[PDB]
*Asks:* 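Hi! I'm looking at a structure that contains BMS-387032 and have some questions.
This chain uses plain numbering: 1 for the first residue, then up along the sequence. Start at 1 and go down the list; that is how both ligands and their atoms are numbered. If you're wondering, the header gives X-ray crystallography, 1.8 Å. The basis for the numbers below is simple: all heavy atoms, side chains too, and nothing from hydrogens, waters or symmetry mates.
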Amino acid sequence: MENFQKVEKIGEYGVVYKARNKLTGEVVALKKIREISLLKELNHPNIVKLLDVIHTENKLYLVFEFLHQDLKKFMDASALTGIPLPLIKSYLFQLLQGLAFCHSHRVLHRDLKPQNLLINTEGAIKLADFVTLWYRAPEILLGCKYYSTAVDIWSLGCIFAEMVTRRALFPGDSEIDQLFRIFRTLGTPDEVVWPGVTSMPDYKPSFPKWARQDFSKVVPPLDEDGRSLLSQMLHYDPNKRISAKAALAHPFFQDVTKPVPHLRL
Ligand SMILES: CC(C)(C)c1cnc(CSc2cnc(NC(=O)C3CCNCC3)s2)o1
């Protein structure tokens, strides 16, 4: 720990500081807390690099490359005009690349949210930090303990909708409020759309029965290609929900580019 000069707390199972490495001179993010040593080899341009793992005097320190901004603050700074569609598309495409990589190594994020998506001046966006319920998949809320990579696609679909509309898609303040906000928009799931749903641990026959709404009302002014991709990322059935690899081939990305964002640091 003495090899690092903490400069400021930057938030957060632990606490994260911006710090300087007294040996290399590098400015890093230092998180104070075999599976971790395994994550050190999971390297990709859209995953925040874990530089070092320091296991000294019981506690564990994780040293990551430092990124200057997060998506939540960027969306808050862009709320008057909105993030330009080409930049939304670039960020979505990059996060799907990051997830396709994670998912092929049987690694799940499980808690994607704007606060843990980090951005730089070069147009890159990165997955980090592998309670806010807004981005939680319905199978998690219904008590599935052995959920899949599809939970990350759901969270990314919710984030996609929020970048487009400048409002949270499902802003619940309790597990049942979160579940009922999803049901009110997408319709109360049944055996037709989601086989096996009625046998989920926390499913109740007594849940109210709401009808589905059209996506044209849910994400205006998203074009037909975007709405089609979003609908596939928000399928109730995790086995029907689009994979990160298949989403990368969706027509919505035919004209994808890598714009540079306006970042005031
Ligand atoms: C929960 C959260 C803090 C996101 C976290 C846990 N583990 C990691 C990866 S370390 C990291 C790298 N660069 C980071 N930059 C920042 O937090 C920025 C600092 C200036 N304000 C905007 C955010 S944090 O991040």
*Asks:* Report, using the naming of UniProt, the chain with the greatest number of heavy-atom pairs under 4.5 Å to BMS-387032.
*Replies:*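 The largest contact count goes to Cyclin-dependent kinase 2.
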*Asks:* Of the choices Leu127, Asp70, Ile10, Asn116, which has the non-hydrogen atom that lies closest to atom 23 (C) of BMS-387032?
*Replies:*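 Nearest option to atom 23 (C) of BMS-387032, by heavy atoms: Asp70.
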*Asks:* Looking at chain A, which UniProt domain houses most residues near BMS-387032?
*Replies:*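 Most contacts sit in UniProt domain Protein kinase.
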*Asks:* Out of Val16, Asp111, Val15, who is nearest to atom 2 (C) of BMS-387032 when you count heavy atoms only?
*Replies:*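 Result: the heavy atom closest to atom 2 (C) of BMS-387032 is in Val16.
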*Asks:* Can you figure out the closest UniProt active-site residue of chain A to BMS-387032? Give the heavy-atom distance to 1 Å, please.
*Replies:*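 Going by UniProt and non-hydrogen distances, it's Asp111, 8 Å.
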*Asks:* At less than 4.0 angstrom from any non-hydrogen atom of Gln69, what atoms of BMS-387032 do you find?
*Replies:*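 Counting from 1, the qualifying ligand atoms are 22 (C).
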*Asks:* Is the shortest distance from a heavy atom of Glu65 to BMS-387032 less than 4.0 Å?
*Replies:*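 So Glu65 counts as touching BMS-387032.
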*Asks:* With a cut-off of 4.0 Å, which atoms of BMS-387032 are near a heavy atom of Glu12?
*Replies:*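 Going through BMS-387032 atom by atom, the ones under 4.0 Å from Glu12 are 1 (C), 6 (C).
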*Asks:* Just going by heavy-atom distances, which of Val48, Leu67, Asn120 is nearest to atom 18 (C) of BMS-387032?
*Replies:*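 Considering heavy atoms of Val48, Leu67, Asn120, the nearest to atom 18 (C) of BMS-387032 sits in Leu67.
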*Asks:* Would you mind pulling out the UniProt Mg(2+)-binding residues of chain A that have any heavy atom less than 4.0 Å from BMS-387032?
*Replies:*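 Among UniProt's Mg(2+) binders, a heavy atom under 4.0 Å is found in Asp129.
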*Asks:* Relative to the heavy atoms of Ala29, which atoms of BMS-387032 are at a distance of less than 4.0 Å?
*Replies:*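 BMS-387032 atoms under the 4.0 Å threshold to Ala29: 10 (S), 11 (C), 12 (C).
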*Asks:* With a heavy-atom distance limit of 4.0 Å, tell me whether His68 approaches BMS-387032 through its side chain, its backbone, both, or neither.
*Replies:*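 It is the backbone that gets close, since no side chain atom is under 4.0 Å.
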*Asks:* Check whether any N or O atom of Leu118, backbone or side chain, sits under 3.5 Å from an N or O atom of BMS-387032, and answer yes or no.
*Replies:*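 So BMS-387032 has no N or O lying under 3.5 Å from an N or O of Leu118.
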*Asks:* Using a strict cut-off of 4.0 Å, indicate which atoms of BMS-387032 neighbour a heavy atom of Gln115.
*Replies:*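 Counting from 1, the qualifying ligand atoms are 4 (C).
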*Asks:* Which nucleotides or residues of neighbouring chains are within 4.0 Å of BMS-387032 (non-hydrogen atoms)?
*Replies:*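 Going by non-hydrogen atoms, it's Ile10, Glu12, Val16, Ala29, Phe64, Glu65, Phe66, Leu67, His68, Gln69, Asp70, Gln115, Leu118, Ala128, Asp129.
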